[PDB]
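Chain naming here is simple, since letters A, B, ... match the order of the sequence lines and numbering starts at 1 in each. All ligand and atom numbering here is 1-based and tracks the order in the structure.
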Amino acid sequence: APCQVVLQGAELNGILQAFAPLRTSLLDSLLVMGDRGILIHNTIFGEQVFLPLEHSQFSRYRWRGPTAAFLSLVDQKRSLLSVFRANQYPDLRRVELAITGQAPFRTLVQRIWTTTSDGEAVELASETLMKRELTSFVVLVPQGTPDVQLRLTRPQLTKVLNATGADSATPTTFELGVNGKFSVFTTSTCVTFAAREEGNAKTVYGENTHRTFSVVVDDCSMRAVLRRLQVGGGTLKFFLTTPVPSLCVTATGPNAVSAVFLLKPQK
Amino acid sequence: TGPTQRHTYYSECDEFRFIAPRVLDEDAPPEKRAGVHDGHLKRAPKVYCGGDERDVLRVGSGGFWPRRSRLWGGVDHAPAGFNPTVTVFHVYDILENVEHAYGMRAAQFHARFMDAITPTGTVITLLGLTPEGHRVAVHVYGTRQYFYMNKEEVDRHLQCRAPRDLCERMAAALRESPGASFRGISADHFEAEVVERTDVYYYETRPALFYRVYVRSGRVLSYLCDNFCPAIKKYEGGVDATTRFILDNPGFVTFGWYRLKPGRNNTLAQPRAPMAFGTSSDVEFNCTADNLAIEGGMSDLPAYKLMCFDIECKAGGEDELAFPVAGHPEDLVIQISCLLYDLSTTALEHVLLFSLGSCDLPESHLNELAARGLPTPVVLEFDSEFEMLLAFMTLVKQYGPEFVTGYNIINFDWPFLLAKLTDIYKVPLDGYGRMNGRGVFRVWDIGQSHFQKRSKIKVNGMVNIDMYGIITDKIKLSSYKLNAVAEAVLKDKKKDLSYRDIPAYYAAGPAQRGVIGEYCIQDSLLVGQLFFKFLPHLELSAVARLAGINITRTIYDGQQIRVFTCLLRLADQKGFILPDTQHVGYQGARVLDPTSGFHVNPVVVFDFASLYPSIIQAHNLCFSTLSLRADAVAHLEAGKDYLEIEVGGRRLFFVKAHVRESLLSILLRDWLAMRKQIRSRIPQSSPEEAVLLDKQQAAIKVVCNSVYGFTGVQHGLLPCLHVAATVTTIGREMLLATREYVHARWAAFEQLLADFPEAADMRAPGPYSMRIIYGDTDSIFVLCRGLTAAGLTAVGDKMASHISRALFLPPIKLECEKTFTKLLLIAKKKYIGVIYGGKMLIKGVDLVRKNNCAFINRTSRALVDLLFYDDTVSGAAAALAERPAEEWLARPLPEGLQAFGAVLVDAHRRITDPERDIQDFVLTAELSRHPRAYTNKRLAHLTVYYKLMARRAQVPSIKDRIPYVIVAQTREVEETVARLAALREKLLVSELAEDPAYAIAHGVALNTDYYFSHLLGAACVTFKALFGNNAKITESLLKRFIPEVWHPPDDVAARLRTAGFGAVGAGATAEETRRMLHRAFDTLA
DNA sequence: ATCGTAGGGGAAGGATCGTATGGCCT
DNA sequence: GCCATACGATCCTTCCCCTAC
Ligand SMILES: Nc1nc2c(ncn2COCCOP(=O)(O)OP(=O)(O)OP(=O)(O)O)c(=O)[nH]1
Ligand SMILES: [Ca+2]
Ligand SMILES: [Ca+2]
Ligand SMILES: [Ca+2]
């Protein structure tokens, strides 16, 4: 296998911890792999769900060819990512990814180990999966300057998420503040934060001082998807520099997930 | 003197209805150009030909069409002193009519021919040809229908002895009938006698006394059998007088040569006076049954005439693209083509083209016809449609074609002509056949009534043979259109002309009319070519002669009538009388369990020859030989003298042949001789003729096996389910006995070698595993692994002969039919195999079914040929059987299955390209019932039927196949479906079918997903036996082959690109995409 | 008015069930 | 942990087409 990937228990614990809140969504998703790691792409409610996995997160990750794309499901209703969910198999030992073949005919073979009552061998042989290359594929990934960042904590989601979620008729009016705060007056709730960007629950502990982002969101839906991914909290990254501003909510912790949405391109 | 019988057919006309298009007179300005002329015109009809004007009803001297009629409206158009002698004549049809002495008192008939029909009488008319060529119609008197009644029942219920008193009571009952039509009927019309007869049913029935009643009419017998005391059993009350005349005189036939001979008391047949002629024949005779004899010398057809005809119509009202309607006066028959052949040398004699208006045929068509030696066409021009129709009818009456043919004439041509002649112009066509009047001229259709299953046409002295029906049951094609069959059997690619461009051609000019006439003449020539290639008249005449009925009844009635008529002869000969009585019924044959898979070892096939007839002959199964109760056969030795069987929980006794011979045994013995004779000429000399002898012998086999169907019909005529159930039980027992005998005799190690030393040469490595893997009624498949296929044919024949000798009594014979080399068993009645010679046999699967399109069929055939011919893929398929299918769901496939993926990807590429041929994606569904008789009403072909009816298109009949194509599901299509549902009152239902012509005209895209899914389904269901008969695993494996895994954004790529999103893969095949991944990951991680 | 009975396979419809989570627990 | 539910497959009948006997 020119691109054999081995994931042992030491990193399996981290992968399982990362996937613990991801009990869904990623089951139906695309996986793009290259010389750096694995990126998981999904389109949940028209929202770009991205999960990065760097080479340092695998014990024996390796690649030799160009970028490749694999669809998780094999022969329908059998996801390659079904090993990384809750406690479907309570005896997870090791994960093997076997990429073999030529550049347009690369195939991924997944074999799963098992920590039995008196062993930690392969045992499981009927659960091995095979998936062929996606051939022609185009993937768009959000890239650009993060602009102003911020460290939003877990309790803040009770008011920054459950405020309007009702399209442009009841929008959140994504702003920071005309004086240097992070108070997003949506329509009536008027959540108030103190910003105080370095470099008190009111303070959001922001970074990369911009304090000018005030463009209204394209349409306020959010909610469910962030609720669906069970994200405790994370950093908000802005992409208003591009002609179409975007917002990226990236979780906090090892192998965090990011939800990407498009804002009003009027500016 | 004066014609005794009035001539109903037109002979002198002065007034007629004038209907013709207005674009024919002088091409008037658009104001007075549209529409159709109408009104009443007072002038004699006339016909134009080559600038010559003639009267249609002007028999004598000059003429345009050939004539073969002697009399015309009471005028003898024959040379003086014309008294030809008649000794031998070939009769082809038999008529039947009623005559009275009062009507015939004007003629000079003999006393013996007048006293026999003095109150009323029935005369049998035989129509035929003399060797010279004179049409002859000979009349036979003295035939009266008769039926049997129980003497005890009438004596007990009515209490009337003195059989004359029975006739008096019958006449009194008839006189008091509710209808005022049985007036003047007395006891003299009936003849009651006492006879000793035995009932055919059951073996314990004792001979008794019956009243045999002779009735001297046809409707009187039916009324007596229907209304007169329906509580008394009646025997042979439905047999017509023609059958009585045929069976009373031994050796008489309905189609063959006859000779006139002096009668009993040196009496001779009386030639009839020309003025008293009742038909359109040249010479007529009066005689009785004693004056006719059968001539076994002549065995060739006389110079009969065949008329191949076709008609064309053009809508003359609003929306000219609509199909013509017979009831609409504006719709007209613009042209008729008539080709007259002689049925003795298969040579063209005459060509005629009736056209409404001027018609100049192109010179190219004339040159082409002259190049082949065909006669120059004759074109007759008419001013109105009525003149053309009258001229056609006059030609039919005068020339008198004994045989008439065409294509789709029963459903379209004849009904259209009859409707136009009767409903519009009010013409009596009763006397337009061969009889001068009061004849039969009618067409029956299927319609809503379930009583009939076939459309029929009855014309007296005129055998109509539609070629559509003949083609339908001789070759297997998805579409039975004229162009398709012409390209199939004749291999002649012929041009076609639809009905949507006919009005433009007609309104353009005479040259376009000539082009239309050329196309129509080519159509008629093709129909004649098919008729003379297949020659149905010979086969139908042979069947009619063997059965004992008319050729018309052979063509149109069915299969029960032949068996009943042929059994009536033996019933009368043996002293029996047949009584009159007018969901799954019983259990049939057994199909064994198929061990589905791909077998490389040789497979031999054993089959019984004429299973059911042999069973009936050997076991003596018949109506007369059957007892449902014991103590009625308890005077014969058990087993040796009778056979006891257990059928349906009931014990039945059939006594052996030496005690009481079966009536059906002689029936099958007589019917199998024709098949034996037919099959004896195939291997003698037949390069390509054998394909027709095969169809003939198949038809004879069908009519032979139809005896079992006749005896097994519920609510039929003369039924007895016991015999049919016994035959099925015996067949099942024989099949099981053969299976057990083959398993338990030669299967150990050496018994086959001991029985046949020739097995020493043919011995492949491996042990004997001779076993049966499939069975169907009487066919047994034996997988003889470990033996070479080169020595399994003579050995097979020897084994079959030994089994037949050692297990079954004659005439039951089992023979080794085929010997497969590679077999692929799928399910019951579904398998594809290869014969040892090299031919490939396909049974059951969608390749040999008529409801699949051309693309899927071609792809499946390519896959089957690949699997059965290439060595690598065959070896890989054989190796696939070692592991279960589940292991193949997670293990790479063998390297052999590579060309399969190539075929799959080629098919996918060909199905997903611009400008696809629509004719390769058309499916066909047969309409078998009336649309109102459908419970589901959702079948994807009734939708096409209703769509065609809504737009006033050519509505298909109740027995033809509707073609359709599945269109793509679009917003416009969905809106149209919703509008149609709302007016005529989620994923769309599969009723997306559309007429192919409509899709071609409007350019509608086809649903590629549906066709590709159906292709994959057919491929998996055909080859599911390779993966342990599992559909899901096979489907998943087949879908793994396809590269259709393109994943483009749903039109959201532009918005993301405008937001500063990097591009990965796709056209960017260079290395920067790798950096892009880094460029992405640093943004995320 | 007028041959019979076993079999598979595609299509439209109704009832059944194994899970995916949230509203609610809290 | 919970419990609720709208999705979804998943059979299971019934009717209609052509084929093999
Ligand atoms: N009622 C009826 N039964 C039929 C019909 N067809 C088959 N059978 C039943 O016979 C089973 C053998 O059929 P074949 O085609 O071998 O015929 P065979 O007589 O065994 O002749 P071969 O064995 O020589 O083919 C039929 O059309 N109607
Ligand atoms: Ca026509
Ligand atoms: Ca035609
Ligand atoms: Ca047979």
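Looking at ligand 1, one finds the drug acyclovir triphosphate.
Of all chains here, the one making more contacts with acyclovir triphosphate (ligand 1) than any other appears in the PDB entry as DNA polymerase. Going by heavy atoms, the other chains that come closer than 4.0 Å to acyclovir triphosphate (ligand 1) are B, C, D. Among the ligands and ions shown, the others lying under 4.0 Å from acyclovir triphosphate (ligand 1) are ligand 4 (calcium ion). The name that the PDB assigns to DNA chain C is DNA (27-MER).
The PDB entry identifies the source organism of chain B as Human herpesvirus 1 (strain 17). The residue-level binding site of acyclovir triphosphate (ligand 1) (heavy-atom cut-off 4.0 Å) is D607(B), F608(B), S610(B), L611(B), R675(B), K701(B), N705(B), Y708(B), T777(B), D778(B), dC3(C), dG4(C), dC21(D).
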